[PDB]
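This report concerns only the one structure given below.
For reference, chains are lettered A, B, ... following the sequence lines as listed. We're sticking with the PDB entry numbering for chain A, so the shown stretch reads 24-265, in order. Just so it is clear, chain B uses the PDB entry numbers, and the residues here are 24-265, in order. Both counts, for ligands and for their atoms, begin at 1 and track the order of listing. Computed from heavy atoms alone, side chains included, the values below leave out hydrogens, waters and symmetry copies.
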2 protein chains.
Amino acid sequence: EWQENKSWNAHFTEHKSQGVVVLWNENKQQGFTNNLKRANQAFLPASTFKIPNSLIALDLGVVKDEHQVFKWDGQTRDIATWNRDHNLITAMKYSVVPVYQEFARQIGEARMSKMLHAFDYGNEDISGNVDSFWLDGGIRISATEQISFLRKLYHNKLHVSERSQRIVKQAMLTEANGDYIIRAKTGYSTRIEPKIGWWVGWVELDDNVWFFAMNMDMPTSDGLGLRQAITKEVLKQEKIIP
Amino acid sequence: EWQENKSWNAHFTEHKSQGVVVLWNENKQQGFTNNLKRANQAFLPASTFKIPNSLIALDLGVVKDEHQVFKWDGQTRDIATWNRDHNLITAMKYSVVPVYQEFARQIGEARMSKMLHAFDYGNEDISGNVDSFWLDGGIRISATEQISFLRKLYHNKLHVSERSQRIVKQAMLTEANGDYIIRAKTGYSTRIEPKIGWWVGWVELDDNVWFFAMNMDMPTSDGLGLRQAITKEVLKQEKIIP
Ligand SMILES: CCCCOC(=O)[C@@H](NC(=O)c1c(-c2ccccc2)noc1C)[C@@H]1[NH2+][C@@H](C(=O)O)C(C)(C)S1
Ligand SMILES: Cc1onc(-c2ccccc2)c1C(=O)N[C@H](C(=O)O)[C@@H]1N[C@@H](C(=O)O)C(C)(C)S1
């Protein structure tokens, strides 16, 4: 079952914005969205690709553990937080593209292609530069295919080791308190039209898990905070979080 | 209820191919597929677009009835059956692209877009050339979206006349005997990757209707007969046909 709930369109209208939110209730095995068509439209994943990229780099030994230091290469880039030493935890937190480009070059085309076929990930197409196909190449994924992928990660059912899956879930930690835990990854696709923002992940409660995937039109970086704000307005209306 | 049935994958691996078959049982309102992900992935419709294009041409009076002759323009093309006079029945049987390109020019961009919105047909996007957008422009549709559309046609529920719907169902007639009737349309998309074959339609029994939509990888035109043969192997396994 998928069920359409157009009342969530209010949360987008409030900000003169357009997009989709998809929720999956793990206990009841039912899905909900404001737009069934856009829920199945495939886009470039941009920084959401850092979840499968991390899994592959750990399983092949390109990354030894979550404390290994990746030293700054000395090139001043326009994002201040990229101009420093990182590990896996900080490289995911600050979406540090140059660290992930170096992992992809060491994984290589052949192993990257075989791993994405085993994950059943989006359209499985890596055409383009081995170190930029998720930003300006031929790979495409829908919000519903993001949920399918994330459910397998949650249950340790991807073909890679239990250990690789546990470390990446630790790196995805975004928020936690007495009411909920959020594990998630942001993305911003800016190189090829149409320009879109992503937020994909899940909410852990005492007795259930809600998986989510949202995308929205992002003509400039001024609206990037709306990825989390709009998603949290839907979770409150559904009584998932206070 | 959607159920995944991976035993059907044997009919694709037998012929060294890959694809999806989707079935819908009208009496039970239940669907079956070998591949839930591919069942909801969007592709160019190619010649399966002759179903909506026929419906719109009839309803606007571009085509008067099933007997009206469309005289060959006297340009020699590749397919020998295209180099002769046609009516609606023979144009759909032989998939005569040049006849349908002239229908699209007389319908025009504004009326074509309005009718695809009224039908809820795929992504409803006609961007590209008015006479080739279903071959190489922006329009996309999934196997499950082809079923939704065909169910409305079967029940005379699309927003055109009853007369337009009855004449198109006549032009779709493919096979009939004492056990079953098949109404359907073939497609073959090669202008954009991946290259795919389509077969969409339904099977009329004495007391039920089974809707189907299949697509499969088609690297050369040598495998085109597999569109029908693999679909009939699934129908036989499920005891829908003898
Ligand atoms: C190795 C250098 C790679 C840069 O790779 C990009 O394509 C990045 N994009 C941009 O720097 C932007 C932005 C913009 C502006 C303000 C704040 C954020 C982004 N506007 O246009 C371009 C071009 C990175 N791509 C994103 C992603 O991978 O999701 C990002 C948020 C990490 S930012
Ligand atoms: C979480 C998170 O937690 N803290 C910050 C933060 C705090 C202060 C400064 C910068 C970031 C942060 C965040 O925003 N991280 C961003 C993110 O991945 O969503 C990335 N980094 C941005 C950038 O460095 O500007 C970017 C536009 C490259 S995408």
Q. Can you identify the drug or drug candidate present at ligand 2?
A. oxacillin (hydroxylated form)
Q. For oxacillin (hydroxylated form), which chain wins on contact count (greatest number of heavy-atom pairs under 4.5 Å), named per UniProt?
A. Beta-lactamase OXA-48
Q: State which other chains have a non-hydrogen atom nearer than 4.0 Å to oxacillin (hydroxylated form).
A: A
(Q) I need the residues around oxacillin (hydroxylated form) for my notes - heavy atoms within 4.0 Å, please. (A) A:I102, A:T104, A:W105, A:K116, A:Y117, A:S118, A:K208, A:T209
**Q.** Heavy atom of protein inside 4.0 Å of atom 20 (C) of oxacillin (hydroxylated form), strictly below
**A.** yes
Q. Nearest protein heavy atom to atom 28 (C) of oxacillin (hydroxylated form), by residue and atom, and its distance?
A. A:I102 CG2, 3.6 Å
(Q) Which residue and atom name correspond to the protein heavy atom nearest atom 5 (C) of oxacillin (hydroxylated form), and how close is it? (A) A:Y117 CE2, 4.0 Å
Q | Distance filter under 4.0 Å to A:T209 heavy atoms, resulting oxacillin (hydroxylated form) atoms | A | 17 (C), 18 (O), 19 (O)
Q. Any N or O of A:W105 that comes nearer than 3.5 Å to an N or O of oxacillin (hydroxylated form)?
A. no
(Q) Checking contacts now, so for atom 15 (N) of oxacillin (hydroxylated form), which I'm interested in, is there any protein heavy atom under 4.0 Å? (A) yes
Q) Short N/O distance, under 3.5 Å, between A:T104 and oxacillin (hydroxylated form)? A) yes
Q. Can you tell me which residue and heavy atom of the protein come closest to atom 4 (N) of oxacillin (hydroxylated form), and the distance to 0.1 Å?
A. A:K116 CE, 4.0 Å
(Q) Could you check which residue UniProt calls active site in chain A sits nearest to oxacillin (hydroxylated form), and how many Å separate the closest heavy atoms? (A) A:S70, 6 Å
Q) Per the deposit, which organism is listed for chain A? A) Klebsiella pneumoniae
Q) Is atom 8 (C) of oxacillin (hydroxylated form) in close reach of the protein, with a heavy atom under 4.0 Å away? A) no
Q. What residue and atom, counting heavy atoms only, is the protein's closest point to atom 18 (O) of oxacillin (hydroxylated form), and at what distance?
A. A:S118 OG, 2.7 Å
Q) Which UniProt-listed beta-lactam binders in chain A sit within 4.0 Å of oxacillin (hydroxylated form) (heavy-atom distance)? A) A:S118
